[PDB]
A.B. asks: 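Below: experimental structure, rilpivirine bound to reverse transcriptase.
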Amino acid sequence: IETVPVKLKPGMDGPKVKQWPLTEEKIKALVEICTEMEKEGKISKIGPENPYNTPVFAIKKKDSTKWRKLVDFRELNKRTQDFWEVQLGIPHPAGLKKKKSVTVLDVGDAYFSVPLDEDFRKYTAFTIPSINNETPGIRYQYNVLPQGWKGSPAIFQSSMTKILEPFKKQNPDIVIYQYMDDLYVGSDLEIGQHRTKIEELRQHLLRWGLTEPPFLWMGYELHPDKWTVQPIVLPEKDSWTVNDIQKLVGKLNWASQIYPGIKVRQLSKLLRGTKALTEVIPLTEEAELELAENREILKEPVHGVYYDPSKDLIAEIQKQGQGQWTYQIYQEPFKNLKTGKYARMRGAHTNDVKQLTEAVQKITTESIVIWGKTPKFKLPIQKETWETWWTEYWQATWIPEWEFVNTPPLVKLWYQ
Amino acid sequence: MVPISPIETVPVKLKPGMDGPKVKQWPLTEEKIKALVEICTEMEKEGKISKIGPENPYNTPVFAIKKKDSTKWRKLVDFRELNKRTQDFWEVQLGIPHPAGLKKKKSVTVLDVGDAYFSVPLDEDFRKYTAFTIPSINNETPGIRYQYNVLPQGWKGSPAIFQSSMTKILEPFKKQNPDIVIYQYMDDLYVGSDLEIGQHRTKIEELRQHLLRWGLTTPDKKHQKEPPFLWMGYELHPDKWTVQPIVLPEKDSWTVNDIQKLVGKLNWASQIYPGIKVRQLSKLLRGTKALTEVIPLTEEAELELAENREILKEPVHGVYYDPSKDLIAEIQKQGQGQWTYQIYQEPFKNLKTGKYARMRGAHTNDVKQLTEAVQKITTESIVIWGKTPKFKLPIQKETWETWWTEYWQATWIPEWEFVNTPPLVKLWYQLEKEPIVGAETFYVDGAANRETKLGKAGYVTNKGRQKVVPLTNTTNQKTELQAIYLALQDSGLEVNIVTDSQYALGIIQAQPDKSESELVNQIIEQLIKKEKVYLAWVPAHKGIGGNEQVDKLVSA
Ligand SMILES: Cc1cc(/C=C/C#N)cc(C)c1Nc1ccnc(Nc2ccc(C#N)cc2)n1
Ligand SMILES: COC(=O)c1c(N)c2cccnc2n(O)c1=O
Ligand SMILES: [Mg+2]
Ligand SMILES: [Mg+2]
């Protein structure tokens with residue numbers, strides 16, 4: 001009921017980020033949403049003495065038909081002070097990624113019940129553009145904690161801890177983790193029981209609410225205990241061609257950068273001479289042993305891999321074709337913290353960019369569950385193509401950072 | 001008296017840490033001072049400025065300027081210093097409408113709102129920063145001190161605050177009259193509609209009555225301005241638009257500046273004149289920026305200019321947007337990285353045109369450039385019409401399918417259909433996915449000395465064919481490309497090539513069809529002639545047979 005003071009980081013002004021072009025349907029959706037938000041006191045019109053801006057657009061959440069406003073507060077979040085006053089930071093729960101089922105709830109609607117510091121409101125300014133700039137864009141700022149702003153869960157945390165208290169005490173084995181507008185709820189129950197607990201959980205928020213959230217009813221189900229990883233595997237063959245052995249030596253040479261003890265001497269010796277690529281080469285005993293020893297090395301964990309919470313996570317993605325995508329998450333090169341592969345890219349069989357956008361969201365979700373922050377993506381796409389289309393397929397309430405890769409990596413061959 | 005509503009004041013601040021201006025008033029002639037006193041006396045009578053006491057420490061210089069071919073002086077208050085110290089504002093006008101996105105109107109009326117401007121008050125707390133001083137006759141009395149009560153012409157905040165103030169006043173009128181459009185530019189309101197003229201005039205009178213609620217009057221004697229309108233470099237008519245006349249000058253010789261102006265005009269023309277080209281003229285401007293230098297036009301530039309004169313020989317117009325119809329965008333390849341497009345709804349009735357130029361860089365291909373043009377047109381179309389056009393592209397559906405399924409990057413183009421208008425965009429070569437049975441295998445390598453730039457490139461094959469060429473003025477990376485070129489030259493129509501150059505593989509795997517490097521172009525020319533090419537990579541210095549053999553031949 002009383003506001004928490006907020007400031008920007010020393011020597012920084014507010015965000016001044018251009019609104020990107022919006023389609024007619026998204027503008028109309030935003031005009032309706034913001035008209036209601038204004039009637040409810042959540043936002044207010046602003047005048048020309050506020051020069052700040054943050055981009056806004058609209059999405060449809062997964063399995064819903066109603067438009068959701070999404071503000072891209074990435075710039076404001078970078079510029080906003082850090083929040084360690086009451087707590088140094090909420091230790092990320094290592095048990096969340098170990099639960100049989102995790103359901104993600106959209107609790108962002110809760111933030112609108114808390115007023116925002118009057119002196120900070122100007123920095124949340126945003127614009128609803130008009131088609132062809134024919135009318136002045138509609139300018140608003142927030143009066144309440146905004147969805148997507150890193151300060152909202154931090155300021156709401158004391159309220160959240162009290163709302164959830166009876167449920168946690170009543171269910172001591174449930175793991176509950178908040179990230180931005182998301183609540184991640186993990187348990188080891190049979191799914192039917194699990195959903196009932198999730199539905200039990202919704203009622204606490206609803207009961208609290210009335211003392212109606214548009215997307216609280218929804219539920220994104222995950223199963224992190226079944227999440228799958230990608231060790232390095234070598235072919236098992238009866239007939240090795242010159243080409244096969246060259247590819248193997250290439251892959252082993254690459255793996256030698258990650259694992260020590262990798263040898264290719266005996267395998268390369270097989271290719272002595274100047275041979276046809278399609279010629280079949282019988283493996284010698286020495287080459288078979290060296291291969292077997294390499295296989296044994298690749299079954300072991302990478303040495304000296306640790307997570308440092310002070311460093312960025314980096315995610316690389318490769319297009320493998322036929323709807324398949326590989327990815328790696330690391331902080332230091334050759335020190336992967338997780339690797340993975342998708343082929344299940346939903347409703348996007350003829351759209352590369354929709355597939356990549358869904359891959360980006362899935363990887364970010366995995367990274368939030370495991371480490372409690374989002375990675376910086378290295379995307380195999382031209383900037384202009386990505387920036388034209390990704391908002392059409394985005395369904396999450398957060399947005400990670402990304403950069404673009406313009407030269408094809410050899411590494412695609414080694415994760416293939 | 002009829003009560004009028006006040007205009008809400010916009011609160012204004014100086015930039016953090018900055019104080020107001022303290023600039024010396026210049027001495028003036030007795031004649032100039034007398035002129036400024038009379039002018040300021042009238043502004044004071046009208047409420048625009050007020051005399052202030054000696055306590056105010058701020059000052060901005062004031063000047064008197066002779067209104068040409070007249071005996072009347074004008075005042076100029078030079079707010080440059082205050083402007084440096086005044087906060088930034090939201091500037092609503094940054095993005096201007098494109099004519100191609102406007103809708104046809106039966107009637108467009110212009111209302112002069114210059115007088116309303118002086119009903120917009122300046123934030124009371126900011127007024128002190130606008131202080132200025134008329135020097136006194138002979139410097140024998142204190143100068144007359146004034147500050148502004150209204151938005152000063154020339155002050156940083158005036159355009160944004162005026163525009164926002166008018167918009168807020170007009171909002172209920174626009175909202176409750178959805179059958180008109182209202183656009184403000186400078187001191188005029190433009191009101192358009194499709195009503196029969198009697199009803200349209202009724203709406204204008206209703207707007208005037210609405211504006212009177214805030215005491216804002218407009219000139220009864222209707223404006224002298226009427227369609228067509230000259231606006232932002234365009235001509236607007238009720239049912240069509242074009243650019244203002246494009247006149248390319250005749251010259252016996254051309255300077256740097258002349259060519260910059262020519263390309264500027266051509267770029268501007270290219271939004272409605274189809275097929276404008278600027279590559280060869282822009283090539284003349286590479287790297288140098290001495291505006292007076294005379295650059296001889298190349299034969300190619302003279303040809304491009306002649307082609308442009310023919311395109312511009314007579315007027316072309318665009319039509320306006322009909323939201324009930326689809327948008328169609330058609331693209332053609334023009335050569336040398338140039339692309340041209342038209343956007344229309346009905347055949348042969350363009351809304352606008354445009355062009356796209358290849359981005360600068362080492363290598364490219366036509367499919368990538370076509371994709372880039374599509375993305376540019378898509379984004380422009382979202383801006384102008386709020387939707388993506390349906391595309392008509394000079395690329396076969398099967399060509400696109402082969403490209404995107406095999407390309408290492410994610411790529412997408414929205415709904416489109418093939419249009420068979422040459423030259424068509426095609427794939428010029430396709431590398432094999434697997435080694436070729438029965439094709440000779442060429443192991444290539446290169447090396448160069450970093451000091452002398454002497455080097456070697458060559459190959460060895462499984463048939464015992466070999467070649468090493470000594471080279472001058474080369475580098476390690478270049479020799480790797482030269483070695484691949486040799487292998488392509490000396491092999492049959494199907495060939496397996498083994499390289500240890502990650503660099504060379506990275507270039508060829510990017511699938512360029514044209515390059516800034518003549519060597520890469522020669523390689524591309526060779527690839528096009530082959531039936532099948534498999535390019536395999538191996539790590540150097542790992543004891544791989546053929547690779548180690550050729551490495552020894554070129555590194556000695
Ligand atoms: C942007 C704009 C510039 C001017 C003009 C500024 C100036 N000078 C006048 C108006 C009324 C508008 N606003 C809109 C909005 C939607 N459709 C149109 N169509 C439209 C406008 C003018 C003519 C004409 N003649 C025909 C159609 N105009
Ligand atoms: C002593 O030689 C070398 O270390 C050597 C390289 N580092 C090398 C790197 C890329 C491509 N080709 C290469 N070749 O051919 C080499 O010989
Ligand atoms: Mg080499
Ligand atoms: Mg070598």
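Numbered from 1 within each chain, the chains take letters A, B, ... in sequence-line order. Because only heavy atoms are used, hydrogens play no part in the values below, and waters and symmetry mates are left out as well, while side chains stay in. Just follow the structure's listing: the first ligand is 1, and inside any ligand the first atom is 1.
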A.B. asks: Which ligands or chains belong to rilpivirine?
C.D. replies: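 The answer, copies included, is ligand 1.
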A.B. asks: Looking at rilpivirine, which other chains have a heavy atom under 4.0 Å from it, would you say?
C.D. replies: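 Heavy-atom contacts come from A, B.
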A.B. asks: Of all the atoms in rilpivirine, which lie at a distance below 4.0 Å from a heavy atom belonging to B:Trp231?
C.D. replies: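 In order of number, 6 (C), 7 (C), 8 (N).
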A.B. asks: What is the closest protein heavy atom to atom 3 (C) of rilpivirine, and at what distance does it sit?
C.D. replies: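 I find the closest protein heavy atom is B:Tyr183 CD2, 3.4 Å.
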A.B. asks: Is the shortest N/O to N/O distance between B:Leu236 and rilpivirine below 3.5 Å?
C.D. replies: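 Min N/O separation from rilpivirine is below 3.5 Å for B:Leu236.
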A.B. asks: Just jot down the rilpivirine atoms closer than 4.0 angstrom to any heavy atom of B:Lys103, in number order.
C.D. replies: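 Matching atoms, with element in brackets: 17 (N), 18 (C), 19 (N), 20 (C), 27 (C).
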A.B. asks: I'm curious what the deposit calls chain A - any idea?
C.D. replies: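 The deposit names it Gag-Pol polyprotein.
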A.B. asks: Report the organism recorded for chain B in the deposit.
C.D. replies: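 Per the entry, it comes from Human immunodeficiency virus type 1 BH10.
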